[PDB]
Structures are given as structure tokens and as C-alpha cells.
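Next up: a structure with sulfathiazole.
Chain letters follow the order of the sequence lines: the first is A, the second B, and so on. We number chain A the way the PDB entry does; in order, the residues shown are 1-218. The numbers used for chain B are those of the PDB entry, and the residues that appear cover 1-212, in sequence. Start at 1 and go down the list; that is how both ligands and their atoms are numbered.
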Amino acid sequence: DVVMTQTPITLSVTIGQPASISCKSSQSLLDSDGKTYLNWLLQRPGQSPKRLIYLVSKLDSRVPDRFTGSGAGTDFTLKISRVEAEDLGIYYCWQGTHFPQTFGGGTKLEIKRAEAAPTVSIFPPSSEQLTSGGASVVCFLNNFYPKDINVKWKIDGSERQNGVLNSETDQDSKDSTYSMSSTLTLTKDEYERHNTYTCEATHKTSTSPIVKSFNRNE
Amino acid sequence: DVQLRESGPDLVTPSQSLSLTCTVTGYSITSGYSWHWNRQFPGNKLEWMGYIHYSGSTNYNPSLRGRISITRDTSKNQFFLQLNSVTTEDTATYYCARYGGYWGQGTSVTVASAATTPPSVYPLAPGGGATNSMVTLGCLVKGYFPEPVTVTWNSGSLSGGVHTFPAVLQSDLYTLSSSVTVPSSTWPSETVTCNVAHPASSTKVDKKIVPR
Ligand SMILES: Nc1ccc(S(=O)(=O)Nc2nccs2)cc1
Ligand SMILES: [Ca+2]
């Protein structure tokens, strides 16, 4: 297969600013018929791929002219003159000159917005769950930016590395924030041996960890 | 006005065959173009699998042995994927497609020997207090298989301040959570309920979130 390598791999851009993405092929994309079968596609979160550009620089008629493609041979570029909210997603290049057609691995465009502090909530395991022999402590960290966040759990003052599962949402279309859930799962008997459970978030919106906690005694 | 629509199973067992259907409308598959199956793996990478040409000939990616075939029913204007001997590596979103920028909505396929299993639904209610004008409640949905589950809150009348998180694997089954944020003036004085639907097991669970 013809390798298609995209750069950069992720990109954060402010609405109204330009962006550029590069695609490099392991060999020339010129077909013997003289055309160069290189396309660019966008996939918005939870949707299908959409075609932006075909034959290197032709604009799909459903797509606005803020998108332009250039290049030749093995080197190709997509440019966005001016980024809009709707341009959030993953961009892919594609070649259909050589068999089998190949796609590049994708470039993720995120919308840069103002820093936003997470709203952090902590929840004790339900009694229902405890009857299964298991216990899950749940921590929500909602509507924050930038995405990078470190969440640490403590039990009676000590960091608990294992038993933690995290899930992140994709960037929100209305306010451009991210949210995350972190879950500490223990056995009921382990859960019932300790008093203080804490979720601590490190995030650039505070100079200390953002902390929520509860005590099993109540 | 070309549209493409994939359909077929959510879940296939390892070693079995996967069969999907693409129903094409607004254009006849015998009148031109090649008609393709592609797939997207977790991690977002895309592979072309094969096509059926309008003449009826077929071409397949070398990477899929002879374990892929594509056929068609020109009377119903449908073409079909069959992938045999499937493995965990074939777990993916499958898209039918045509040149000119036309893709189906995609259909997700998991390949596992794990059994369909209905969810437990646990309520998330806060410990012993804070002042603030908004409160966050949630639901924990645990130990179901396969994807998807739907979560709504009070039958959907609460949609505004909701976050439902992508499911994660946990002991070979899925666990997700959802949170909802409402005015403290309304809870606990009014009921908030999470409604959970797991279609694979034909289950709906309502869980009321009760204080303490
Ligand atoms: N299999 C497949 C691969 C890419 C595409 S396209 O949406 O980029 N549209 C195209 N138009 C021309 C060539 S590709 C469609 C189907
Ligand atoms: Ca060729």
C-alpha cells in the first residue's frame, strides 16, 4: 500500500484563524491517465465522512470556498482561510491512484476557546450496587477547557492508582468545552474499610488541585 | 439525490461471517460507478474493503484474503458485504460509499464471543450537602453488552444540562454514566428519573434518584 502520512496529527485553532494540514504520500499520486486522484475529507463527530476537495484542488460543490487544496506528486496541502465552528472534526486525505486506494490516518481539528474551569461533582456508591459486591465512586468533571486534565483519587489521604476508568466527551458543539467522568471501582468490603474518598483535578484554571470529597460516615 | 443506507447486525461472534446490506436510492447501481465498502476502526483509521462495479465485477483489498465478497440485487438496488472468519480486528463502523462524495450513515459492528447481557442501573445522588443553586445527579449503567444503551432524564423533558459519557470496557462488559444538572429548587422537591434503554436485551429501566 501507498502510505499516506498527515501532519500535524492534532491542531487547535481559534474561530476566524487559518489552518493548514499537510499530506505526504510514499510515492507519486500521478496516475497513468495523467490525473492525480487525491482527495480531502472531513468527518464531524458522530457523522460520516464528507468530501471537501477532489483531484488535488477541485472544490466539492457542497463545500465553501474557505477550503483549498494544492500540491503535486507526493506533497499536498489543505488550507482553511478562516476556521468556523462547523469545521470541528477529523480531516483525512485519500488517494485513489494506486491499488488499493488508501486514506491518511487523520488530523483532528479542535476549536480553541477561552479557558473554562470544570464543575466537579463526586458520588458515593449506591446501596443497590453494594448488594452486587462491588462499589463505584463517581466523579464528574463538566464543561472545561482546555481538554488536558489530570484526575487523581485518594482514599484516606493516599493515591489510589488502580481501579480507575475515565471517559471523555468529544468537544461540545455549542460551547466548545469538554467533559469527563472518572470512576473508581472497588469491592464492597474494600469500600467499607475506608472513610474518606476524594477526586482531585489538576487543570490549568486553578493553581491548586480542584477537590471534591465525601466521608462514608453519614 | 443519491442516498446510501447500511443495515445488518450490531454483534457477530468470532469466526462467523458478517453480512451487511446497503440500500441505495436516487441512483441505479447498474447505471454507473463502483459501489464500495469501507470501514473505520476504533482510533479513526479508514480502510477501503472492496467494490462492486456497475457491470457487476468486483475488486477487493489484498488485505482481506479471499474472506470478502460483495454481491448485489439490482431489482432492489442493494449491494451486500460478506466478510467471513471475522475477528476482534474487524470490529468497526462500516460504510457503504460511492465516488462523488457519497457515504452512508455508517453501521457499527462489534465482533465478540461475549453474550448479550442487560444493564444494572445505579443512581448517583450526592453525599451530605452543599449550598449551591444547581445540583448534579446521575446514573451509572453497568455490565451490559453489546452497545448501545440510551439514557434520557425524566423521559427527555430534561435535555438542557445533560452529559452522557462514552461507554468503557469493564470486566468484558460496558459501563457508562450520565449526569444531569438541575436547580436545587426542583430536586429533591420534584422527581428526577433516569430512563435507560438497552435494545439488545429488550429492556427499559427507570431509576428514580432519591436523596441520601
Ligand atoms: N470509496 C470511496 C473513497 C472516497 C470517496 S469520496 O467521498 O472522497 N469521493 C470521491 N470522489 C472521487 C473519488 S473518491 C468515496 C468513496
Ligand atoms: Ca490507477
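Location of sulfathiazole, all copies: ligand 1. Lab note: main contact partner of sulfathiazole (name per the PDB entry) = Heavy Chain of Antigen-Binding Fragment of Monoclonal Antibody of 4C7. Other chains with one or more heavy atoms under 4.0 Å from any atom of sulfathiazole: A, B. Note: no N/O pair closer than 3.5 Å links A:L41 and sulfathiazole by distance alone. Residue-ligand proximity, B:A97 to sulfathiazole, at heavy-atom distances under 4.0 Å covers atoms 16 (C). By the 3.5 Å distance cut-off applied to N or O atoms, B:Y102 is not counted among the residues near sulfathiazole. Not close to sulfathiazole: B:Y51, with no non-hydrogen atom less than 4.0 angstrom away. Remark: among candidates A:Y54, A:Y37, A:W94, the nearest residue to atom 13 (C) of sulfathiazole is A:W94, based on non-hydrogen atoms. Of the polar atoms of B:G101, at least one N or O is found under 3.5 Å from an N or O of sulfathiazole, judged by distance alone.
The shortest heavy-atom distance from A:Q101 to sulfathiazole is under 4.0 Å.
According to the entry, the name of chain A reads Light Chain of Antigen-Binding Fragment of Monoclonal Antibody of 4C7. Given atom 15 (C) of sulfathiazole, the protein heavy atom at minimum distance is B:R98 O, 3.4 Å. Polar contact check, B:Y99 against sulfathiazole: no nitrogen or oxygen pair lies under 3.5 Å apart.
At the shortest separation from atom 7 (O) of sulfathiazole among protein heavy atoms lies B:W103 NE1, 2.9 Å. Summary of contacts: the protein heavy atom closest to atom 10 (C) of sulfathiazole is A:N39 ND2, 3.3 Å.
The contact residues of sulfathiazole, taking heavy atoms under 4.0 Å, are given as A:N39, A:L41, A:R51, A:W94, A:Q101, B:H36, B:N38, B:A97, B:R98, B:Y99, B:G100, B:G101, B:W103.
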